[PDB]
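Structure of rapamycin in complex with Peptidyl-prolyl cis-trans isomerase FKBP3.
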Amino acid sequence: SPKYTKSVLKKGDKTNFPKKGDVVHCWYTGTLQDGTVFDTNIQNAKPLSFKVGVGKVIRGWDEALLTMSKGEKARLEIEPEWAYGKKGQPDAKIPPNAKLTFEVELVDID
Amino acid sequence: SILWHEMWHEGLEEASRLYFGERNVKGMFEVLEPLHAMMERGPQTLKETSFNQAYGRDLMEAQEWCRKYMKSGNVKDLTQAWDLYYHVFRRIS
Ligand SMILES: CO[C@H]1C[C@@H]2CC[C@@H](C)[C@@](O)(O2)C(=O)C(=O)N2CCCC[C@H]2C(=O)O[C@H]([C@H](C)C[C@@H]2CC[C@@H](O)[C@H](OC)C2)CC(=O)[C@H](C)/C=C(\C)[C@@H](O)[C@@H](OC)C(=O)[C@H](C)C[C@H](C)/C=C/C=C/C=C/1C
């Protein structure tokens, strides 16, 4: 009943997983169905950091990160209900009811 | 608060809630405008001066990218603006 699927591209250390309230640091690339890259923070560049499990990011990320170990690179396919839903994010070229694909690399856990 | 780091920390977070959460760019600008105006009045204390030295350039450039975005609609401009606001937010914690 999660509304995302995860495919592991590179394994993490299988030991250190983010917990609710931890700050995580990530590299990512986000794509639409046709492979359009709507954003990447991969090159001044530095990892995205946020406190996990408290709604700082879309639900698909908030839930998926708890299942990744440090160093893991994974492909996430997130259903619109756990991303931007009916409204989408027009300014960022995300349409209504869009399934989002992210490659996410978990670099560190504070 | 009258501390610039606290005023900007609260303002950036609220501005981002209004923009990303509420999809409310008008509201976002109403929160940011006073803070940028404060910067344009200039620092008046030791701590305001130190804050301006550290973050003043990044904050003014964020505003410039945002103004560029409001005429271009180009996501590149939007993202450069928020990258700078995010940077300042994280550095002041
Ligand atoms: C320059 O690039 C943008 C990110 C872009 C925006 C557009 C989207 C396509 C995208 O390209 O990211 C993207 O790829 C995406 O969908 N992302 C980013 C990577 C994590 C997954 C997802 C996301 O949730 O973004 C997030 C999504 C867009 C909005 C949030 C979704 C969850 C929802 O509950 C929140 O409601 C509030 C809003 C954006 C973020 O990851 C940033 C870090 C977090 C926030 C803005 C909020 O948590 C905010 O809450 C008030 C904060 O507490 C922050 C820390 C306050 C500071 C001052 C603001 C920093 C702003 C940083 C902005 C950044 C880096």
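Lettering of chains proceeds alphabetically from A, tracking the sequence lines in order. Chain A is numbered as in the PDB entry; the shown residues are, in order, 108-150, 158-224. Residue numbering for chain B follows the PDB entry, covering 2020-2112 in order. Order of appearance sets the numbers: ligands from 1, and atoms from 1 within every ligand.
In this entry, the other chains with a heavy atom less than 4.0 Å from rapamycin are A, B.
When each atom of rapamycin is checked for a heavy atom of A:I172 under 4.0 Å away, the hits are 24 (O), 31 (C), 32 (C).
No part of B:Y2104 comes within 4.0 Å of rapamycin, judged by heavy-atom distances. Here the protein heavy atom with the shortest distance to atom 35 (C) of rapamycin is A:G169 O, 3.8 Å. Shortest contact from atom 12 (O) of rapamycin to any protein heavy atom: A:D146 OD2, 3.4 Å. For the ligand labelled rapamycin, residue A:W175 lies inside the 4.0 Å heavy-atom shell. By the 4.0 Å heavy-atom criterion, B:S2035 is counted among the residues contacting rapamycin. The residue among B:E2041, B:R2109, B:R2036 with a heavy atom at the shortest distance from atom 37 (C) of rapamycin is B:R2036.
The heavy atom nearest to atom 9 (C) of rapamycin, considering only B:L2097, A:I208, A:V168, A:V171, is found in A:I208. By the deposit information, the source of chain A is Homo sapiens. In chain A, most residues contacting rapamycin belong to UniProt domain PPIase FKBP-type.
The PDB entry names chain B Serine/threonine-protein kinase mTOR. Residue-level proximity to rapamycin for A:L162 is carried by the side chain, the only part with a heavy atom below 4.0 angstrom. Remark: among candidates B:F2039, A:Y198, B:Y2105, A:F164, the nearest residue to atom 8 (C) of rapamycin is A:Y198, based on non-hydrogen atoms.
The residue-level binding site of rapamycin (heavy-atom cut-off 4.0 Å) is A:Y135, A:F145, A:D146, A:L162, A:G169, A:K170, A:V171, A:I172, A:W175, A:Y198, A:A206, A:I208, A:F216, B:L2031, B:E2032, B:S2035, B:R2036, B:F2039, B:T2098, B:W2101, B:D2102, B:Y2105, B:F2108.
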